[PDB]
Amino acid sequence: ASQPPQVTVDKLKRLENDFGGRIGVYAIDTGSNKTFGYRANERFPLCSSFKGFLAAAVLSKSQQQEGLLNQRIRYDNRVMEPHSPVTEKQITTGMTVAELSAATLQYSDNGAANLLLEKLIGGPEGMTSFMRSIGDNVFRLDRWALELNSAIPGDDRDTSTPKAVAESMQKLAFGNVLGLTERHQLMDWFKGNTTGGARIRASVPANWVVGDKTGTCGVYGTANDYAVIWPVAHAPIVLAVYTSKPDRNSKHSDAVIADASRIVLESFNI
Ligand SMILES: C[C@@H](O)[C@@H](C=O)[C@@H]1NC(C(=O)O)=C(S[C@@H]2CN[C@H](C(=O)N(C)C)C2)[C@@H]1C
């Protein structure tokens, strides 16, 4: 009862032509295992979207280190990265590992990301190692939170593919790589994300539940979102939407991400 894949491709190609850039998508119906991709194996910059996987890496570490989420981290006199809305307010108090993970995912706090990378996960190399450990052989993180957003065409640093992002989200949300407590916590963090209102969330009816993480590099019209979507009385759908434009000076488009998401989700004829 689903739409022919070529219909969906044809719609995405027209949207690409309107956008003036590249759109890559992959979606997984976790109940039927039906999938759909377009440019699904092309690399796109992750931008800040890696932070959802960073939070997962922290939870995986906590599953083996009792009490890790409650550990308090202080960062007096640290120079805080731009776009650190939570960490810049908690210097006097410090923040727990859980609070840092929630902030990095839900507010895209760069300071929280670099604090977790430095102090728990082992830098970009350790982030990449975590993804390898769940069978993602595509993801790579090469640089720290600010520098990874250059989004230069042809530069494979700090990239993944829509398929790999969606497949890794599926593993983390519903597979065995995290325990029940950790899955539930990860999903609750994604559900509370605050930066995705104009992207995948804008593509679904208001009574569906979404958990997501966005990325906005700020150059090369490059922006993205990936999500778990719970339709009414239907198995969850995992979706990744990544975009870029050839011109350094172009702006990204939230609306194109929302429209691509709508096209892909409608193709499952839920
Ligand atoms: C490198 C980092 O600084 C960015 C990562 O990609 C941050 N993460 C994103 C994101 O999309 O998640 C924004 S965009 C910002 C978060 N939402 C705001 C927004 O959508 N507005 C103001 C409309 C703007 C950061 C720069």
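Sequence positions, counted from 1, serve as the residue numbers for this chain. Reckoned from all heavy atoms, side chains included, excluding hydrogens, waters and symmetry mates. Start at 1 and go down the list; that is how both ligands and their atoms are numbered.
The drug observed at ligand 1 carries the PDB name meropenem (bound form). Measured by close contacts, the chief partner of meropenem (bound form, ligand 1) is listed under the PDB entry as Beta-lactamase. When only non-hydrogen protein atoms are considered, atom 10 (C) of meropenem (bound form, ligand 1) lies nearest to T214 OG1, 3.3 Å.
Scanning the protein heavy atoms around atom 1 (C) of meropenem (bound form, ligand 1), the nearest turns out to be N149 ND2, 3.0 Å. The N/O atoms of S49, backbone and side chain alike, include none that comes under 3.5 Å of an N/O atom in meropenem (bound form, ligand 1). Atom 5 (C) of meropenem (bound form, ligand 1) has as its closest protein heavy atom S48 OG, 1.4 Å. Taking a distance limit of 4.0 Å, we find that atom 21 (N) of meropenem (bound form, ligand 1) is approached by no protein heavy atom. In this structure, atom 7 (C) of meropenem (bound form, ligand 1) has protein heavy atoms in its sub-4.0 angstrom surroundings. When only non-hydrogen protein atoms are considered, atom 24 (C) of meropenem (bound form, ligand 1) lies nearest to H83 NE2, 4.6 Å. For atom 17 (N) of meropenem (bound form, ligand 1), the candidate residues are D212, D254, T195; the nearest heavy-atom contact is made by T195.
Within 4.0 Å of atom 12 (O) of meropenem (bound form, ligand 1), at least one protein heavy atom is present. Between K213 and meropenem (bound form, ligand 1) there is a heavy-atom distance shorter than 4.0 Å.
Residue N110 touches meropenem (bound form, ligand 1) through its side chain alone, judged by heavy-atom distances below 4.0 Å.
Lab note: binding site of meropenem (bound form, ligand 1), heavy atoms under 4.0 Å, is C47, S48, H83, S108, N110, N149, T195, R199, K213, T214, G215, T216.
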